[PDB]
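L-captopril complexed to Metallo-beta-lactamase type 2, as determined in this entry.
Shown for chain A, in order and in the PDB entry numbering: 32-265. Each ligand, and each atom within it, is numbered from 1 in the order the structure gives. When reading the values below, keep in mind they use all heavy atoms of this one structure, side chains included, and skip hydrogens, waters and symmetry mates.
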Amino acid sequence: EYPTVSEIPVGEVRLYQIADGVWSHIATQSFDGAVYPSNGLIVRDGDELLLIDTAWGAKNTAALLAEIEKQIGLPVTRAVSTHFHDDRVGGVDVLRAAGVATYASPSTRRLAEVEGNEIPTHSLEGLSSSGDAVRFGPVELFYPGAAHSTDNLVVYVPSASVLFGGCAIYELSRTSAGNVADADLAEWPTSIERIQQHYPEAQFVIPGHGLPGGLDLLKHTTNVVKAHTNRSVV
Ligand SMILES: C[C@H](CS)C(=O)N1CCC[C@H]1C(=O)O
Ligand SMILES: [Mg+2]
Ligand SMILES: [Zn+2]
Ligand SMILES: [Zn+2]
């Protein structure tokens, strides 16, 4: 029942209720002739909403805000970007123009600036060291260490046992490495194990792209990352 990439035209966004007060948002983009889905999160924060990640681009993110207003009807007051790539910060300006306070760690903000990407306004302190966690309203933000990117955060919703792994966690259907241009392959397995150790009670695990699963997505990602690490150049 989870929206798949073939059921969402580029430019459109779907919302999927994972648990009470927790949705994922699903959008798509074309890259090199293939179409990819991308997930973020929406978490109820009292009578407001906390958004995790843009919908991968300005047009998708405007659609995301319109869909949230249509389907949930609560204001998005804050957004957190979980790393510096365009599926996480692309659309920050749209959020900012709609009165959303945008947040990212200093490490994400510096990497976004280096890349020429959009830069969230606010800085999330207390996340610079692997294993650091901070509360952000109804979620905990956790920096597991470098993995898919040096700045990647994961987001845990304690009330719902939902772990948003972002692009550090692969869906099961991905059996070869995705974008690793900014990754720390050497540290990625260790960072995943930090997630396991910190959230062993997680019941829903949402990857940055593709179908949700459980904590099995973690060891699956480790297996894929190690296979890529050991690729043989002949
Ligand atoms: C824009 C995103 C950031 S994680 C990306 O690089 N993706 C999306 C999944 C694969 C890979 C790609 O370049 O296609
Ligand atoms: Mg696997
Ligand atoms: Zn990424
Ligand atoms: Zn991604």
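Here, the model contains L-captopril as ligand 1.
Listed by number with element, the atoms of L-captopril under 4.0 Å from a non-hydrogen atom of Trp87 are 1 (C). In this structure, the list of other ligands and ions lying less than 4.0 Å from L-captopril reads ligand 3 (zinc ion), ligand 4 (zinc ion). Between the choices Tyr67, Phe62, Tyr201, the shortest heavy-atom distance to atom 10 (C) of L-captopril belongs to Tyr67. Look at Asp117 and you'll find every heavy atom at least 4.0 Å from all atoms of L-captopril.
When the options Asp213, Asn183, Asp118 are ranked by their closest heavy atom to atom 4 (S) of L-captopril, first place goes to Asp118. Geometrically, L-captopril and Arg205 share no nitrogen or oxygen pair separated by less than 3.5 Å. If you number the atoms of L-captopril from 1 as listed, the ones under 4.0 Å from a heavy atom of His179 come out as 4 (S).
Applying a heavy-atom cut-off of 4.0 Å to L-captopril picks out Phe62, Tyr67, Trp87, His116, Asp118, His179, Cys198, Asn210, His240.
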